[PDB]
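Pictured: Thymidylate synthase, co-complexed with CB3717.
So that the names make sense, note that chain A is the first sequence line, chain B the second, and so on, each numbered from 1. So how was this one determined? The header says X-ray crystallography, 2.2 Å. Order of listing sets the numbers, starting from 1, for every ligand and every atom in it. Scope of the values below: all heavy atoms of this structure, side chains included, with no hydrogens, waters or symmetry mates.
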2 protein chains.
Amino acid sequence: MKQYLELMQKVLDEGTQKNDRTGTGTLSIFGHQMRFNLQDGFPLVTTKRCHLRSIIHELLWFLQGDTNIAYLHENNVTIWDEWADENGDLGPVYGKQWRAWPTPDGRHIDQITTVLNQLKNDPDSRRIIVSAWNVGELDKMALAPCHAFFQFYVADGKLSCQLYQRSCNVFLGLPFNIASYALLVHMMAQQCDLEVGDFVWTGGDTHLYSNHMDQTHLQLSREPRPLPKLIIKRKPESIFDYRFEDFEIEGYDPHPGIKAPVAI
Amino acid sequence: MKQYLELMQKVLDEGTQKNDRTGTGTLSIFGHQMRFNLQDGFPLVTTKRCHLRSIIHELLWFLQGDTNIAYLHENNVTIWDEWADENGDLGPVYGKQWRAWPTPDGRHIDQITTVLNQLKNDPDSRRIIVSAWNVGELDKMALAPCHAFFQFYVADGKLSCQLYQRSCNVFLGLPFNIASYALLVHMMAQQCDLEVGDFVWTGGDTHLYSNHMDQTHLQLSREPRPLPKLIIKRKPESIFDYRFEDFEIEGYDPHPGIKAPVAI
Ligand SMILES: C#CCN(Cc1ccc2[nH]c(N)nc(=O)c2c1)c1ccc(C(=O)N[C@@H](CCC(=O)O)C(=O)O)cc1
Ligand SMILES: C#CCN(Cc1ccc2[nH]c(N)nc(=O)c2c1)c1ccc(C(=O)N[C@@H](CCC(=O)O)C(=O)O)cc1
Ligand SMILES: *c1cc(=O)[nH]c(=O)n1[C@H]1C[C@H](O)[C@@H](COP(=O)(O)O)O1
Ligand SMILES: *c1cc(=O)[nH]c(=O)n1[C@H]1C[C@H](O)[C@@H](COP(=O)(O)O)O1
């Protein structure tokens, strides 16, 4: 996508070389924002082929309030294998925080249910937010939440959403994150009888790992193709009742996939 | 300021009329980001007179982990009066979360200290974050946190900070918010022997109240003057040891003030 490629070029041209936790090294910039009008099409990168199966199943896994990769394995998803323990658990990550944020007094908060009820009963609210950044449980998580906090918005019957990603791997993670959230927006909109609006992505440490330079340069020469369209085959009883078989990506003609190692 | 005035013009040009909690009515846009190079000068609005007295005392109050307005009162600052109860309490708001975020296992995390330790020992970390958005205690707060999340970054020996403000009252609150955080960066930088970098402001529901339109247009007809200079006269033992007297703002020649009502 245009916005995406522009960010890549920006990182290359303005990035500062930074030594990081993985000891790999990165070209890094701080503070960036991009908007995706969802009416124009599903923001799925076409400059390289993206794997929808992994994107969809992970999101359904989140809404389940699940933190064990068992589910992902049943569906041949391995994106979280490098961080799961001997038993497949990742600690109280995303899923746990979304569906059952632990209060100091022992109670639990279902942020998704709250959001649904807010969108349905009080759309003008400026407090429709879901946070995965539970300071009190960060030590128990296998990896700190990258896409840590998001806010919904409603105007003229359209549902928008802004995501704050504290850390971003432009080449590997960013394409996955965009599509994942854009998908959530569509699911929320359908469940709340609202049209889709804009997906606003805001990031903190936006970077490109040194060992991805060639891949990036290759992708930057490929002209972006028209954006695909998402089709939701069925309207479930609730936001928690979606199945992988309910989504269709029409008109997705991407360029060949580009391989690159992951940093652990 | 240029960025500030341009934001106001954007809200007016692309804002949607929207009803709100206070029952006042607002013009609103969702998603915005602007950057302030702190080396250029202290980002204090000159198109209208602002009063440091309240900005500084509030920040010091925050750092103390204080949530009762008694302190503010002793120093003749009334900005928070309308939301405090009979005992002057506001609930576990900013100060409390910053200095003692409650964990489910009985612990309390001092986010400010954690950040200081990170800036010195691991400045390349992509997790240097302070969050006031405590989902589990929002119900005990007098008002949900507007400026609820911020991340620090270091590059070229300069300290930058990005703030995510979920809700923003462009005319009243923003001028305070910008100066408050720019001040925090200066204090942090001095304590970590770093230079000041950029303050990146990101907003969710950025709006202007219907009853602030004339004030807004009056301000827009003014030419921004040179930015003031911040002079810290002392280097305290810790970030929690600063006093009002330690700060000196010079070169501040602002336009006349423009009074406007606060939405409760
Ligand atoms: C974001 C996010 C979720 N995640 C989780 C996640 C967790 C830690 C991380 N750590 C680092 N350094 N970078 C990441 O992008 C990253 C991503 C992802 C995990 C793997 C792939 C990945 O390797 N992509 C392959 C396809 C693999 C497959 O489908 O089997 C690709 O080349 O596209 C992408 C995203
Ligand atoms: C941000 C922040 C902190 N806050 C707290 C705070 C709490 C609730 C809010 N509610 C609304 N609707 N808008 C706000 O900006 C807002 C701000 C502020 C509160 C009041 C003033 C204010 O009254 N401004 C007057 C000066 C009054 C004085 O000197 O005491 C002005 O004319 O500017 C500024 C900031
Ligand atoms: C985390 C998970 C995700 O969905 N998307 C991402 O981009 N990431 C990345 C960010 C960074 O590349 C790597 C490590 O982050 P950190 O060292 O813990 O700060 O994961
Ligand atoms: C809150 C506190 C501050 O620092 N600055 C701000 O702009 N605000 C504003 C946001 C909004 O106008 C009002 C809070 O109302 P709500 O919770 O968003 O409904 O104060």
Exercise for review: Provide the full list of ligands or chains belonging to CB3717.
Suggested key: ligands 1 and 2
Check your understanding: Which other chains make heavy-atom contacts with CB3717 (ligand 2) shorter than 4.0 Å?
Key -> B
Check your understanding: Which of the listed options, B:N177, B:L172, B:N76, B:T22, holds the heavy atom that is closest to atom 25 (C) of CB3717 (ligand 2)?
Key -> B:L172
Point to revise | Heavy-atom proximity of CB3717 (ligand 2) to UniProt active-site residues in chain B | key: B:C146, 6 Å
Check your understanding: When you measure from atom 22 (C) of CB3717 (ligand 2) to each heavy atom in B:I264, B:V262, B:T78, which option holds the nearest one?
Key -> B:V262
**Study point:** Distance from atom 21 (C) of CB3717 (ligand 2) to nearest protein heavy atom, with residue and atom
**Key:** B:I79 CG2, 4.0 Å
Review point. Nearest protein heavy-atom contact for atom 26 (C) of CB3717 (ligand 2): which residue, which atom, what distance?
Key: B:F176 CZ, 5.0 Å
Review point. Hey, is B:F171 one of the residues with a heavy atom under 4.0 angstrom from CB3717 (ligand 2)?
Key: no
Review point. At the 4.0 Å heavy-atom cut-off, does B:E82 count as touching CB3717 (ligand 2)?
Key: no
Review point. Measuring from the heavy atoms of B:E58, does anything fall under 4.0 Å of CB3717 (ligand 2)?
Key: yes
**Study point:** Nitrogen or oxygen of B:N169 less than 3.5 angstrom from that of CB3717 (ligand 2)
**Key:** yes
Review point. Is there a protein heavy atom at a distance of less than 4.0 Å from atom 16 (C) of CB3717 (ligand 2)?
Key: no
Review point. Which residues, given by chain and number, make up the 4.0 Å heavy-atom shell around CB3717 (ligand 2)?
Key: B:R53, B:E58, B:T78, B:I79, B:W80, B:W83, B:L143, B:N169, B:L172, B:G173, B:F176, B:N177, B:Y209, B:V262, B:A263
Does CB3717 (ligand 2) have any N/O pairs with the protein under 3.5 Å, and how far apart?
from              : atom 1 : to     : atom 2 : distance (Å)
CB3717 (ligand 2) : 10 (N) : B:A263 : O      : 3.2
CB3717 (ligand 2) : 12 (N) : B:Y209 : OH     : 3.3
CB3717 (ligand 2) : 12 (N) : B:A263 : O      : 2.8
CB3717 (ligand 2) : 13 (N) : B:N169 : ND2    : 2.8
CB3717 (ligand 2) : 15 (O) : B:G173 : N      : 3.1
CB3717 (ligand 2) : 29 (O) : B:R53  : NH2    : 3.3

